[PDB]
Visitor: 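Hi! I'm looking at a structure that contains dicoumarol and have some questions.
Numbered from 1 within each chain, the chains take letters A, B, ... in sequence-line order. Because only heavy atoms are used, hydrogens play no part in the values below, and waters and symmetry mates are left out as well, while side chains stay in. Just follow the structure's listing: the first ligand is 1, and inside any ligand the first atom is 1. Technique stated in the header: X-ray crystallography, 2.0 Å.
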There are 2 protein chains.
Amino acid sequence: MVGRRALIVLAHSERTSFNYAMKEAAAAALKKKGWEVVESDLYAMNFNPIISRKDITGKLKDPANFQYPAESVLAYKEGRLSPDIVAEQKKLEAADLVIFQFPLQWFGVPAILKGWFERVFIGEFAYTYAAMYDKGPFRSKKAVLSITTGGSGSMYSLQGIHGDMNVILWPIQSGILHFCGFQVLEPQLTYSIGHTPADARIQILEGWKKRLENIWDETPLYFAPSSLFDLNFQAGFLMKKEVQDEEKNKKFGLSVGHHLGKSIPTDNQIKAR
Amino acid sequence: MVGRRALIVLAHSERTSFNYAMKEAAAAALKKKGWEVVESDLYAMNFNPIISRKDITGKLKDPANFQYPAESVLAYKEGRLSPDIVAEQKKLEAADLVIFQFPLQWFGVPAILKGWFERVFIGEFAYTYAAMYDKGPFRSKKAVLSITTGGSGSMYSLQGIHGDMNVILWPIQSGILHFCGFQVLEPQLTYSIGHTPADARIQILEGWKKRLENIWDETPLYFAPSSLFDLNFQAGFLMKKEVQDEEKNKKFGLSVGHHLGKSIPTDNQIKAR
Ligand SMILES: Cc1cc2nc3c(=O)[nH]c(=O)nc-3n(C[C@H](O)[C@H](O)[C@H](O)COP(=O)(O)OP(=O)(O)OC[C@H]3O[C@@H](n4cnc5c(N)ncnc54)[C@H](O)[C@@H]3O)c2cc1C
Ligand SMILES: Cc1cc2nc3c(=O)[nH]c(=O)nc-3n(C[C@H](O)[C@H](O)[C@H](O)COP(=O)(O)OP(=O)(O)OC[C@H]3O[C@@H](n4cnc5c(N)ncnc54)[C@H](O)[C@@H]3O)c2cc1C
Ligand SMILES: O=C1Oc2ccccc2C(=O)[C@@H]1C[C@H]1C(=O)Oc2ccccc2C1=O
Ligand SMILES: O=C1Oc2ccccc2C(=O)[C@@H]1C[C@H]1C(=O)Oc2ccccc2C1=O
Ligand SMILES: O=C1Oc2ccccc2C(=O)[C@@H]1C[C@H]1C(=O)Oc2ccccc2C1=O
């Protein structure tokens, strides 16, 4: 695994946190196997998470009607993005594997990490309308979420009061990671870390290092391939008619988001096929 | 409707935006019906969206191992939260109706709005473990999302390339809003707003104002009531045995998150029953 490069994006303010220890465990395990490891500790960086015209240097094209998508895309093509954004984009370009380490907050990513996606995943660089999802710019990379929660796993089971964790993960793993082309690996889910004692926390750290010894060879999560859809406005970007006809008598839909009104395949966003 | 109060939280930097126009339309229509209207224009406020120990003044309980949940709950009880947080909490306490107006960004809320939830929805003030979801502190209030998207409506249909919008809405409407006790009203979904001509946009604003004339009398979205679950940590907050047995022979699950491996009832997060 010499020659492969990893990026660990951490979103936690405290160096005493378990999230920080998971970042250190990941970095140590990957380096031991020959990886180059680069980090984005967003809190330690004082990372600015708010998109604004200060993400762009030089001339704005239409300052009287500011449109962040058009202006940032033009800035990317012309080399006029803010230097802190350019630095993060270079880390992404270099990385084969991207690990996102964060506590679950309000059933999603921390605001500082959401803003990192918004400022760094600029159009053309991270996605194109003509090549969404599996054809996206990051299709040669793999991404993985490593999440800690306060709530127990049972709260996020099919019968738990919070509802299916697979639904919670969908907008992040499909809408952010896979939209840009990433193959998304099984998330590392560390449930109710606040009710886990010290020696058990050590084994959680060791298990994560163990998994990282062969993470590049894992099967990724299943998303419906874009070849199943008519990618044009005359068809409305809907699934092809012959695909709908083939699926019409299967009991399960294709994924969490493409459940088709049927049963969601079990752990679609948690376990590979 | 004189006597009732609304809070409009806007997450868009541009006064020239359609989001700002929707905020202005909402304020004018409610005021014309006698509502008191307060605003949290997060960009114009320069709102700080990043949780940290600077959200808390005075003596921390354990500064050597800072844990935001325990420290912020204690700070709320002792009156040691940062003044900008306190002011937003007072806005929430006064409001009967809360409108969230924002463009969809990476299939969720903008980072500045995500951080508003993180800094303002403090434990004990906005939620308690002993009274989750429909017993929560905001159970006398109603909330509504007013979202604009770049993508078209068909892209978010069951057969569309992005998948079911009901799945994308679930973590925000059930997890952020309903967990605190809000009754959640049908979201105002404005699709492909960058490809909607001017004639149509004007009518969208008039329709939004029309809806707001009787917004308080609408039926809210359906979430499984907390009485269906055993509400204690030891029991994992799992659905009651008798309830599981009774739902076993039903063809549809109860909601997006409580789909129970069965068909999701149509537009559970988009249309009231
Ligand atoms: C705004 C906010 C929103 C939240 N929303 C949700 C939600 O929606 N759903 C949900 O389930 N939870 C939610 N939570 C809870 C959150 O997910 C947990 O608090 C978080 O995952 C805890 O992870 P941590 O790194 O902070 O652990 P910490 O509390 O910092 O540490 C946990 C334990 O691990 C110890 N530890 C540290 N380093 C090591 C080491 N090398 N080796 C062994 N042990 C170590 C620590 O000393 C500590 O005892 C929220 C929390 C906040 C602040
Ligand atoms: C980081 C980022 C991430 C994004 N992620 C997603 C995603 O995941 N999925 C998705 O579908 N989209 C996504 N988008 C697109 C985003 O949702 C749309 O760009 C946004 O909703 C557009 O709303 P707006 O208010 O900015 O519209 P504007 O472009 O500001 O306005 C649209 C038209 O309405 C006009 N208008 C303004 N005021 C009025 C008025 N009083 N009366 C009549 N017309 C008026 C405006 O002049 C303009 O011509 C993303 C955008 C960004 C920047
Ligand atoms: O489930 C949750 O959802 C949240 C959503 C928004 C903000 C914070 C939280 C939490 O703290 C966690 C975990 C939370 C915890 O950490 O400890 C508990 C102890 C007893 C009963 C229940 C729990 C929990 O669910
Ligand atoms: O309205 C339309 O309907 C069509 C019917 C048949 C053939 C072509 C088209 C179009 O190009 C689009 C324009 C189209 C639209 O209206 O929605 C969008 C939403 C997001 C991004 C881009 C667009 C468009 O270009
Ligand atoms: O504006 C657009 O341009 C297009 C042109 C041709 C075909 C499809 C599209 C789109 O999907 C939309 C919206 C587009 C979308 O649907 O999802 C996103 C997710 C992340 C970031 C940005 C966006 C968008 O703007």
Visitor: So, dicoumarol - where exactly in the structure, counting duplicates?
Guide: ligands 3, 4 and 5
Visitor: Main binding partner of dicoumarol (ligand 5) in this structure, as named by the PDB entry?
Guide: NAD(P)H dehydrogenase [quinone] 1
Visitor: Around dicoumarol (ligand 5), which other chains have a heavy atom under 4.0 Å away?
Guide: A, B
Visitor: Which residues that UniProt lists as binding substrate in chain A have a heavy atom under 4.0 Å from dicoumarol (ligand 5)?
Guide: A/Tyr127
Visitor: Atom 22 (C) of dicoumarol (ligand 5): which protein heavy atom is closest, and how many Å away?
Guide: A/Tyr127 OH, 3.4 Å
Visitor: What part of A/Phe121 sits under 4.0 Å from dicoumarol (ligand 5) if we count only heavy atoms: the side chain, the backbone, both or neither?
Guide: neither
Visitor: Note the single closest protein heavy atom to atom 25 (O) of dicoumarol (ligand 5), along with its residue, its atom name and the distance in Å.
Guide: A/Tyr129 OH, 2.9 Å
Visitor: Identify the closest protein heavy atom to atom 18 (C) of dicoumarol (ligand 5): which residue and atom is it, and at what distance?
Guide: A/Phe179 CZ, 3.9 Å
Visitor: Any N/O of B/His162 closer than 3.5 Å to an N/O of dicoumarol (ligand 5)?
Guide: yes
Visitor: What does the PDB entry report as the organism for chain A?
Guide: Homo sapiens
Visitor: Just to confirm my output: which protein heavy-atom neighbour is closest to atom 8 (C) of dicoumarol (ligand 5), and how far is it?
Guide: B/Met155 CE, 3.7 Å
Visitor: Which of the numbered atoms in dicoumarol (ligand 5) are below 4.0 angstrom from a heavy atom of B/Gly151?
Guide: 13 (C), 16 (O)
Visitor: If you measure from atom 7 (C) of dicoumarol (ligand 5) to every heavy atom of A/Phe237, B/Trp106, B/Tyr191, which option wins on shortest distance?
Guide: A/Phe237
Visitor: Which one holds for B/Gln105 and dicoumarol (ligand 5): side chain close, backbone close, both close, or neither close, with close meaning a heavy atom under 4.0 Å?
Guide: neither
Visitor: Which chain positions lie within 4.0 Å of dicoumarol (ligand 5) by heavy-atom distance?
Guide: A/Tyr127, A/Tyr129, A/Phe179, A/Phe233, A/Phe237, B/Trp106, B/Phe107, B/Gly150, B/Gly151, B/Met155, B/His162
Visitor: Write out each pair where an N or O from dicoumarol (ligand 5) and one from the protein are under 3.5 Å apart, with the distance.
Guide:
{"from": "dicoumarol (ligand 5)", "atom 1": "1 (O)", "to": "A/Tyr129", "atom 2": "OH", "distance (Å)": "3.4"}
{"from": "dicoumarol (ligand 5)", "atom 1": "16 (O)", "to": "B/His162", "atom 2": "NE2", "distance (Å)": "2.8"}
{"from": "dicoumarol (ligand 5)", "atom 1": "25 (O)", "to": "A/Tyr129", "atom 2": "OH", "distance (Å)": "2.9"}

